[PDB]
J.: 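This file holds Cholesterol 24-hydroxylase with S-bicalutamide bound.
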Amino acid sequence: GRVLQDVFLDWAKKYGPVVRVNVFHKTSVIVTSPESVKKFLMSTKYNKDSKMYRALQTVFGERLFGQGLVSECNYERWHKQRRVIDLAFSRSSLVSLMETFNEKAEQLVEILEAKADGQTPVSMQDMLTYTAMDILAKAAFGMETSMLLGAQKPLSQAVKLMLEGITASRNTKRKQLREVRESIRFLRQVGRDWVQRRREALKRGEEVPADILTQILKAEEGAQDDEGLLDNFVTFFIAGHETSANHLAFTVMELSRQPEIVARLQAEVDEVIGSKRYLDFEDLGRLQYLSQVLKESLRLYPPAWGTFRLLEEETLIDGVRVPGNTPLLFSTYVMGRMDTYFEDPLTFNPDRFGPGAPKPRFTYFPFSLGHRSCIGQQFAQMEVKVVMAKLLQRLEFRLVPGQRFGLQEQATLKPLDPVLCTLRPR
Ligand code: HEM
Ligand SMILES: C[C@@](O)(CS(=O)(=O)c1ccc(F)cc1)C(=O)Nc1ccc(C#N)c(C(F)(F)F)c1
């Protein structure tokens, strides 16, 4: 259960802060000094490398993320979508999402409580993925997928294959090619239909609370076809649930072998929310220790391990001449595991993020940094606190003997094993 990132870690440690590599069968330079991270990520002068993102824009010759918000590299084209889409992420937009967050988390916990007999194995990876998908579908596009309740099996199956498609396409077979193409076309069709269903409600003068769909449509205002829209549809559908689910899955997985931390987490949910059923916005800020545990989870287990920038002009980086036209790779996974940046890096220790501790300085970036940072950071941090808070209040988890703690790389990092647990009530 090692990943290509673990090899980059070995080389960063051994060959220093500037290392030429092969990723996606392409030359790049991995750059792992905090000073280089600041200089390149913190300036609008450096932009994403279209070359490295082509594997999201299209897969197996089927259009996927296209020139959506993640995969668009040109600053001006990106800046135009971002300025608009940003509105759906205001403090007030996010406050409004609390209900969706509580509703899905509650439904999750209820489903789990029904299986909490200590004998039924439950894939926490699958359940968390269904939750995150149901949350995203509702919060972003105003649709109920009810995957938690067994619905939309074809859609979840389509996301699954598509993800494996992204996995096979850039790294490594007859049916897979067909399945993946079909899955990508199904996803884009799903988006067609949900855009239509929104348009027809609007056509009949119905009222629509501003959301992500509202701003994606709005950014597509004046285009002859809606292919840009479906790009942004698939972008958010995927990016707005997969990393959250992976992050939750890693956190649950790790906590199963951290009883003392669970005890403090439990003690904390009690003090701040009690046995209350609904979490208020202001409740989130007070779950400070849960916050540290999630931060520490992202340090060791970042679903999105890093990012690429195009270095346009030959530049000196930490004493090494790097030629112009070179993709720079930045890895929060790598830096998180280097003892030069984090003491005893392999130890899961949430006190690293405790009150009074200096904040890691450009050595930790699970949502990236600068202008290309994650638009959904706060959205994500909120949903996962809501979900974990409810789990911690009501349930205890035990990993099914034989479950491993390792990682795998699909389109993101996620647990190698499905996180099979048996459940008991707290
Ligand atoms: C804990 C979960 C999350 C983490 C770890 C996370 C991680 C990241 C990272 C590292 C970036 C940079 C990608 C790159 O440079 O190529 C990114 C991009 C972004 N993610 Fe997130 N993300 C998560 C949750 C969310 C959610 C919930 C949303 C949507 C609701 C979302 C939407 C976005 C989008 C659209 C981008 C592109 C931003 C831009 O270039 O303007 N993510 N995410
Ligand atoms: C194809 C690849 O899986 C591989 S990668 O190793 O070149 C890579 C991983 C993570 C990155 F942030 C950037 C690149 C990939 O680009 N995945 C990727 C990148 C960003 C995002 C975001 N946001 C996602 C996500 F699935 F949408 F979350 C996947």
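All residue numbers refer to positions in the sequence shown, counting from 1. Indexing begins at 1, ligand by ligand and atom by atom, following the structure's order. Values below: all heavy atoms of this structure, side chains included; hydrogens, waters and symmetry mates excluded.
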J.: Just need the ligand numbers or chain letters for S-bicalutamide, all copies if there are several.
T.: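 Check ligand 2.
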J.: Which residues of the other chains approach S-bicalutamide (ligand 2) to under 4.0 Å (heavy-atom distance)?
T.: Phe24, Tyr53, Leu56, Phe65, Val70, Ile166, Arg170, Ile238, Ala239, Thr243, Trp305, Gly306, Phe308, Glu409, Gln410, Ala411, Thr412
J.: Okay, next: other ligands or ions under 4.0 Å from S-bicalutamide (ligand 2)?
T.: ligand 1 (protoporphyrin IX containing FE)
J.: May I ask you to check whether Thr307 has an N/O atom sitting below 3.5 Å from an N/O atom of S-bicalutamide (ligand 2)?
T.: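 N/O-N/O distance below 3.5 Å does not exist for this pair.
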J.: List the closest protein heavy-atom neighbour of atom 19 (C) of S-bicalutamide (ligand 2): residue, atom name, distance to the nearest 0.1 Å.
T.: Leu56 CD1, 3.7 Å
J.: Any nitrogen or oxygen of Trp305, main chain or side chain, under 3.5 Å from a nitrogen or oxygen of S-bicalutamide (ligand 2)?
T.: yes
J.: Out of all atoms in S-bicalutamide (ligand 2), which are within 4.0 Å of some heavy atom of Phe308? Include the element for each.
T.: 7 (O), 14 (C)
J.: Run the numbers for me: atoms of S-bicalutamide (ligand 2), each under 4.0 Å from some heavy atom of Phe24, listed by number.
T.: 1 (C), 2 (C), 4 (C), 5 (S), 6 (O), 7 (O)
J.: Under 4.0 Å from any heavy atom of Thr412, which atoms of S-bicalutamide (ligand 2) are there?
T.: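 Those atoms are 26 (F), 28 (F).
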J.: For S-bicalutamide (ligand 2), which atoms, with element, lie under 4.0 Å from some heavy atom of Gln410?
T.: 3 (O)
J.: Which of the atoms of S-bicalutamide (ligand 2) are close to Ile166, meaning less than 4.0 Å from one of its heavy atoms?
T.: 1 (C)
J.: For atom 12 (F) of S-bicalutamide (ligand 2), which protein heavy atom lies nearest, and how many Å away is it?
T.: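 The answer is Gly306 O, 2.6 Å.
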J.: Return the closest protein heavy atom for atom 3 (O) of S-bicalutamide (ligand 2) as residue, atom name and distance.
T.: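 So the nearest neighbour among protein heavy atoms is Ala411 O, 2.9 Å.
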J.: Can you list the atoms of S-bicalutamide (ligand 2) that are under 4.0 Å from a heavy atom of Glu409?
T.: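 Every atom of S-bicalutamide (ligand 2) under 4.0 Å from some heavy atom of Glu409: 6 (O).
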J.: If you have a sec, work out which protein heavy atom is nearest atom 21 (C) of S-bicalutamide (ligand 2) and how many Å separate them, to one decimal?
T.: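 The closest heavy atom on the protein side is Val70 CG1, 4.3 Å.
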J.: Under 4.0 Å from a heavy atom of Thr243: give me the atoms of S-bicalutamide (ligand 2) that qualify, with their elements.
T.: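 So the atoms of S-bicalutamide (ligand 2) that pass are 28 (F).
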J.: Taking only heavy atoms of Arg170 into account, list the atoms of S-bicalutamide (ligand 2) that are under 4.0 Å away from them.
T.: 3 (O), 4 (C)
